[PDB]
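Structure showing noscapine engaged by Pathogenesis Related 10-10 protein.
The chain called A is the first sequence line; B is the second; the pattern continues. By the PDB entry numbering, chain A shows 8-34, 37-157, in order. Numbering, chain B: per the PDB entry, residues 8-34, 37-157 in sequence. Both ligands and their constituent atoms are indexed starting at 1 by order of listing. Any value given below was found using the heavy atoms of this structure, including those in side chains, with hydrogens, waters and symmetry copies removed.
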2 protein chains.
Amino acid sequence: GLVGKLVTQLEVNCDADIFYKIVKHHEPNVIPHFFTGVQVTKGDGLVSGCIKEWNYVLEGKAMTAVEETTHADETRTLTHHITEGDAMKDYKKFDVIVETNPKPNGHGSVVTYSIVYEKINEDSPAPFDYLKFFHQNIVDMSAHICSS
Amino acid sequence: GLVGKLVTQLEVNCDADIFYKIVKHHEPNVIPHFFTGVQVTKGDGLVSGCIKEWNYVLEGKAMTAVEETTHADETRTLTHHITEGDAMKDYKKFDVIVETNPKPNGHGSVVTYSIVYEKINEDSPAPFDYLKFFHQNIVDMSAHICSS
Ligand SMILES: COc1ccc2c(c1OC)C(=O)O[C@@H]2[C@H]1c2c(cc3c(c2OC)OCO3)CCN1C
Ligand SMILES: COc1ccc2c(c1OC)C(=O)O[C@@H]2[C@H]1c2c(cc3c(c2OC)OCO3)CCN1C
């Protein structure tokens, strides 16, 4: 079993469009990390995404990744496409999709982080360490937001 | 953020209906575990599910759970409803849903394990330890199945 998807989904008490705009422009200073890179424009000169080389520590180990980020405001979706780095030692493909939708309910939101992956071989782990990291990051972010 | 869902999804090279029937009637002897319990019938005397008290070891720690299992052959869905045990020290609600579907592709299958949870409080973990356990269990099972 080489192709798979891991998901964490969380309910948040926040309008979906508002929350998407917050996620779009905000990424946990206690965790060691920084990036360098560039922004990407669409042709009208407005930034449409970015390409970042990250340096970060995951479960104690220093790592690097190169990620291209795109967004879809119409569907409140952010897509992170990893092309290089430590994760590519385990995965042929590694993409992180973040979606925010109103609860069928109506008022609050459901945020979904999906990691869509293809392992290099059967001996590769599934990216549970990344899922927990992304989960804790969005829980941390959401805990700094309140009504009104 | 108290309500959420964790998912692992895996592609398997097996007809969906065949694979569902295998999952339905098969549960990793190297992991210490046993259950006692009863089967549940629907009214025509045929077994429709079961109610099990499990004793198992998760990440080294002995635990117990009481689980009621139901199935839906029409949708190839198994549902495990945990009512008691160590997990209920962290979660108000804990349900494990296993779905098997044909690939839009056509030939093989996509298996989805979902853990639908509600934490007791903000200090409760999300059930990443259970997700990894269920994942490894279905990978182990699927590795013992081959074509023809
Ligand atoms: C605190 O340090 C970090 C900063 C930012 C991120 C992470 C991180 O700490 C492990 C991370 O995990 O998520 C993001 C980053 C990122 C993504 C995907 C990645 C990745 C990333 O940056 C490290 O590297 C491997 O695949 C998707 C989202 N994007 C914003
Ligand atoms: C090897 O030992 C085990 C046997 C069977 C199971 C597990 C297990 O080892 C942790 C487990 O995890 O999955 C199943 C069990 C089970 C489920 C859900 C549970 C649970 C379970 O039994 C321990 O306890 C907490 O919630 C859903 C599926 N069902 C069949």
Just wondering, which other chains does a 4.0 Å heavy-atom cut-off pick up around noscapine (ligand 1)? A
Of all the non-hydrogen atoms in the protein, which one sits nearest to atom 25 (C) of noscapine (ligand 1), and at what distance? A:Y65 OH, 3.2 Å
Can you figure out which of A:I91, A:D95, A:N146, A:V105 has its heavy atom closest to atom 26 (O) of noscapine (ligand 1)? A:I91
As deposited, does any covalent linkage tie noscapine (ligand 1) to a residue, and which atom would that be? none
For noscapine (ligand 1), is any non-hydrogen atom under 4.0 Å from A:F103's backbone (N, CA, C, O), its side chain (CB onward), both, or neither? side chain
Of the protein's non-hydrogen atoms, which lies at the shortest distance from atom 29 (N) of noscapine (ligand 1), and what is that distance? A:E76 OE1, 2.8 Å
Nearest protein heavy atom to atom 7 (C) of noscapine (ligand 1), by residue and atom, and its distance? A:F142 CE2, 3.3 Å
Which residues of the other chains approach noscapine (ligand 1) to under 4.0 Å (heavy-atom distance)? A:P37, A:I40, A:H42, A:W63, A:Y65, A:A74, A:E76, A:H89, A:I91, A:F103, A:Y139, A:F142, A:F143
